[PDB]
Colleague: 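This entry shows zoledronic acid within the model.
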Amino acid sequence: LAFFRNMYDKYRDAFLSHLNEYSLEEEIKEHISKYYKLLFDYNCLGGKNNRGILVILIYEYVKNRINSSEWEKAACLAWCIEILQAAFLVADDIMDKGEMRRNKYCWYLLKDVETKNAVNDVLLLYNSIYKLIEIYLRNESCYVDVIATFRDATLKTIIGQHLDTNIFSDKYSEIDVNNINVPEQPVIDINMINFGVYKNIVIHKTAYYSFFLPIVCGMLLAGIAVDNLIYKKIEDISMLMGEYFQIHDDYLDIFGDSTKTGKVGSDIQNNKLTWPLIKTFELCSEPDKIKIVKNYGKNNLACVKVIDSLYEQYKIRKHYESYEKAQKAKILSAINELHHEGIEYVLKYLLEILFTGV
Amino acid sequence: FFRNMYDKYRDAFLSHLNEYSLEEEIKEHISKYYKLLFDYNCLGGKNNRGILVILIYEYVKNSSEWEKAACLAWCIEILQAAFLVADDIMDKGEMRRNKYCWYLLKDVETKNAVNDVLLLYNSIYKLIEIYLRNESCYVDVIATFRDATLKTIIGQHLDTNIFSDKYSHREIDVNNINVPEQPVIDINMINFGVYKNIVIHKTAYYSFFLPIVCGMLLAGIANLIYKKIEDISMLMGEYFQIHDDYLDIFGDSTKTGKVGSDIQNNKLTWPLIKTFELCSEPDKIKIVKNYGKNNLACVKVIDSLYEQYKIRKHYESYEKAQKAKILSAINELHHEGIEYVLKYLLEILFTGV
Ligand SMILES: O=P(O)(O)C(O)(Cn1ccnc1)P(=O)(O)O
Ligand SMILES: O=P(O)(O)C(O)(Cn1ccnc1)P(=O)(O)O
Ligand SMILES: C=C(C)CCOP(=O)(O)OP(=O)(O)O
Ligand SMILES: C=C(C)CCOP(=O)(O)OP(=O)(O)O
Ligand SMILES: [Mg+2]
Ligand SMILES: [Mg+2]
Ligand SMILES: [Mg+2]
Ligand SMILES: [Mg+2]
Ligand SMILES: [Mg+2]
Ligand SMILES: [Mg+2]
């Protein structure tokens with residue numbers, strides 16, 4: 001764990017090093033190294049580090065101890081999930097018109113960067129992962145399985161980000177290849193406001209890259225055979241934990257303190273299908289439905305305020321806290337079926353520090 | 001038969017998505033969206049890169065072997081697609097292959113397009129796994145796509161930032177979200193050394209080195225010929241990009257499929273550098289004053305300078321001398337089969353087929 005924290009530089013600088021081998025003029029090489037050193041630092045640091053720490057812990061509690069060449073490979077994988085997070089979050093804030101990420105301006109918003117650099121930079125962060133895994137793990141037998149898990153995790157996430165972004169779109173509620181002029185007015189689709197659709201999305205956008213991937217990396221490296229039925233159990237727990245983590249997130253979009261969360265709430269105005277939106281539709285009077293249809297998805301104070309107060313009226317904070325309690329018990333029940341005492345402690349521990357880090 | 005086989009790889013990938021734990025109506029929605037993403041962006045081009053895989057493979061060496069080569073061939077066409085979607089966002093593109101750029105469609109927008117670039121990119125590796133996973137060259141193939149992709153990313157970064165304030169002692173300003181940069185050229189960067197740097201990275205690696213290498217690995221070449229091919233590919237990428245820069249100024253968008261944008265986007269182009277080489281100090285001053293401005297009278301001045309200094313002429317002469325340098329490099333390959341394909345690629349490069 002202190003190996004992880006202290007070895008950020010190592011992996012950052014191993015990748016910067018690879019590009020310094022490019023056939024470029026020395027001045028150009030210097031400019032690239034400055035730009036890219038910032039892109040990693042700005043975008044990979046400042047968070048809780050829960051995914052990376054998970055890789056480290058799973059790895060340790062699966063093995064009976066671990067040399068520093070072994071740690072160097074696990075912390076590699078751990079940082080690569082933290083680079084994956086970076087890439088995803090850079091793109092998310094473009095998609096969601098983010099203002100603040102980890103208490104600092106979103107990367108795409110910087111005048112030195114903009115959306116043109118940010119898009120190129122997502123691709124860079126994402127490909128650095130695979131270069132770093134080649135550097136530290138090409139000779140391991142889990143090597144192909146590790147790179148497969150990253151790419152399949154990433155594909156699931158890309159699908160869920162697509163659904164998060166289009167579930168209410170006109171495309172769905174034939175795509176028009178002739179319209180570049182007539183913008184679509186954000187409206188909610190009431191046929192999509194149920195927990196079934198919500199789960200399809202949050203499992204895909206959150207659960208795979210955030211829980212499944214880092215646990216599987218820890219296990220693949222520690223050497224659990226890919227045909228072991230523990231991986232399926234692990235997948236089922238990841239889905240429970242993923243939906244749990246994402247609901248807490250949706251909850252913070254309205255109830256959090258932007259100085260503590262490090263980001264600014266935007267789901268109402270960005271027309272998202274969130275747990276609060278679904279719970280309220282489940283509970284609210286028929287005229288309040290007409291009221292959510294009218295006011296949701298509008299970057300307008302009085303419109304957002306209507307929604308906030310319907311969430312105040314329908315006691316969404318209380319319904320959340322009773323979801324947290326019921327879902328946590330559900331996760332713990334599944335963890336207790338794992339028949340691996342090492343992984344169980346880790347996942348119990350994770351579940352405690354999930355919202356805070358540590 | 002290259003193009004016959006397109007649906008096979010697209011639908012193989014769409015089948016992969018269809019296995020996701022998603023409600024049936026949602027799977028239907030995603031099949032429609034993604035089929036269009038692939039059809040819209042993979043189809044319509046010269047397919048030079050895919051064809052080059054196929055041909056290199058044939059000339060280094062049954063229908064199951066062709067299933068693997070066409071797979072790689074279509075994966076480079078998918079990478080072309082990913083890079084172009086991203087490039088048209090970055091370059092404020094208007095048309096690509098005589099249709100509106102994907103990012104502009106009201107049903108897509110930049111928010112979708114950014115995600116879709118990653119979808120396209122990642123689709124490649126799933127396809128190579130489906131078709132080549134038990135090939136001994138599997139890991140070498142995925143490493144080649146990956147490294148050529150890193151190279152292209154760096155090159156696109158340089159193309160997009162070479163004249164920028166951050167490069168012109170001081171740091172990226174992490175507190176500036178409000179004061180937009182006023183684009184201006186950096187005269188210190190207007191040289192062919194810097195231009196070859198950008199151009200081998202953003203074009204030559206994925207456009208030449210990658211398709212040729214794909215066919216050579218699969219045909220089973222383990223070998224100092226790889227460095228000779230690298231060197232030719234760089235020669236070819238430069239030649240090809242200089243042609244592209246040429247078309248940006250002198251082309252017809254109904255024939256190029258795309259609307260020229262380099263002057264207003266502040267690109268370090270071959271016509272820029274060739275003009276800077278040959279012009280007077282007061283035209284240098286005109287260039288500084290007018291380049292990188294999305295303004296008619298400004299692009300007009302630059303365009304007028306390109307007429308005045310006979311850039312069309314200088315390009316025709318460049319094309320002649322550089323084709324000759326590529327053929328001289330090709331003749332040093334001492335591989336009859338690869339040599340034939342490259343000579344022929346060189347003949348069809350600007351037109352296709
Ligand atoms: O709410 P999102 O899904 O946009 C978010 O959680 C990011 N994200 C992206 C994928 N999964 C989660 P963030 O609120 O941090 O902006
Ligand atoms: O001039 P570009 O680099 O933008 C281009 O050639 C595309 N491209 C992208 C990378 N290398 C070349 P296009 O003129 O097609 O928009
Ligand atoms: C994936 C979700 C739900 C939000 C971002 O995740 P984290 O809260 O784990 O982000 P950092 O700790 O990395 O800032
Ligand atoms: C790498 C360059 C110069 C961009 C255009 O590529 P092509 O001219 O190969 O484009 P398509 O045939 O794929 O349309
Ligand atoms: Mg977001
Ligand atoms: Mg989002
Ligand atoms: Mg959120
Ligand atoms: Mg470009
Ligand atoms: Mg372009
Ligand atoms: Mg061009």
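Residue numbering restarts at 1 for every chain, and letters A, B, ... go by the order of the sequence lines. Any value given below was found using the heavy atoms of this structure, including those in side chains, with hydrogens, waters and symmetry copies removed. Counting starts at 1 for both ligands and their atoms, following the listed order.
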Colleague: What is the full set of ligands or chains that belong to zoledronic acid?
Modeller: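 Look at ligands 1 and 2.
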Colleague: Which bound partner of zoledronic acid (ligand 1) is the main one by contact count, according to the PDB entry?
Modeller: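 Main partner, per contacts: Farnesyl pyrophosphate synthase, putative.
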Colleague: Return the other chains, by letter, having a non-hydrogen atom closer than 4.0 Å to zoledronic acid (ligand 1).
Modeller: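 Non-hydrogen contacts: A.
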Colleague: Quick one: what's the binding site of zoledronic acid (ligand 1) if I count heavy atoms under 4.0 Å?
Modeller: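 Heavy atoms under 4.0 Å: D92(A), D96(A), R101(A), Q161(A), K205(A), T206(A), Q246(A), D249(A), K263(A).
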Colleague: Which of the atoms in zoledronic acid (ligand 1), numbered in the order shown and given with their element, are less than 4.0 Å from a heavy-atom of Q246(A)?
Modeller: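 It comes down to these atoms of zoledronic acid (ligand 1): 1 (O), 3 (O), 6 (O), 11 (N), 12 (C).
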Colleague: Nearest protein heavy-atom contact for atom 2 (P) of zoledronic acid (ligand 1): which residue, which atom, what distance?
Modeller: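 So the nearest neighbour among protein heavy atoms is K205(A) NZ, 3.7 Å.
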Colleague: At what distance is the nearest protein heavy atom to atom 5 (C) of zoledronic acid (ligand 1), and which residue and atom is it?
Modeller: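 Residue, atom and distance for the closest contact: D249(A) OD2, 3.7 Å.
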Colleague: Just which atoms of zoledronic acid (ligand 1) are under 4.0 Å from any heavy atom in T206(A)?
Modeller: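 Under 4.0 Å from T206(A), zoledronic acid (ligand 1) has these atoms: 11 (N), 12 (C).
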Colleague: Taking both backbone and side-chain atoms of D96(A), is any N or O found less than 3.5 Å from an N or O belonging to zoledronic acid (ligand 1)?
Modeller: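 Indeed, backbone or side chain, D96(A) has an N or O that close.
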Colleague: Mind checking whether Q161(A) has an N or O less than 3.5 Å away from an N or O of zoledronic acid (ligand 1)?
Modeller: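 No, no N or O pair falls under 3.5 Å.
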Colleague: At a 4.0 Å threshold, what atoms of zoledronic acid (ligand 1) neighbour a non-hydrogen atom of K263(A)?
Modeller: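 Counting atoms of zoledronic acid (ligand 1) from 1, those under 4.0 Å from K263(A) are 13 (P), 14 (O), 15 (O).
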Colleague: Between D267(A) and zoledronic acid (ligand 1), does any nitrogen or oxygen pair lie at a separation below 3.5 Å?
Modeller: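 No, no N or O pair falls under 3.5 Å.
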Colleague: What I want to know is whether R101(A) and zoledronic acid (ligand 1) share at least one N or O pair that is separated by under 3.5 angstrom.
Modeller: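 Yes.
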Colleague: Name each N or O atom in zoledronic acid (ligand 1) that is under 3.5 Å from a protein N or O, and give the partner atom and the distance.
Modeller:
| residue | atom | partner | partner atom | Å |
| --- | --- | --- | --- | --- |
| zoledronic acid (ligand 1) | 1 (O) | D249(A) | OD2 | 3.0 |
| zoledronic acid (ligand 1) | 3 (O) | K205(A) | NZ | 2.5 |
| zoledronic acid (ligand 1) | 4 (O) | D92(A) | OD1 | 2.9 |
| zoledronic acid (ligand 1) | 4 (O) | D92(A) | OD2 | 3.4 |
| zoledronic acid (ligand 1) | 4 (O) | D96(A) | OD2 | 2.6 |
| zoledronic acid (ligand 1) | 6 (O) | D249(A) | OD2 | 2.8 |
| zoledronic acid (ligand 1) | 11 (N) | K205(A) | O | 3.2 |
| zoledronic acid (ligand 1) | 11 (N) | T206(A) | OG1 | 3.0 |
| zoledronic acid (ligand 1) | 14 (O) | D249(A) | OD2 | 3.2 |
| zoledronic acid (ligand 1) | 14 (O) | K263(A) | NZ | 3.4 |
| zoledronic acid (ligand 1) | 15 (O) | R101(A) | NH1 | 3.3 |
| zoledronic acid (ligand 1) | 15 (O) | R101(A) | NH2 | 2.5 |
| zoledronic acid (ligand 1) | 15 (O) | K263(A) | NZ | 2.7 |
| zoledronic acid (ligand 1) | 16 (O) | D92(A) | OD2 | 3.0 |
| zoledronic acid (ligand 1) | 16 (O) | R101(A) | NH1 | 3.2 |

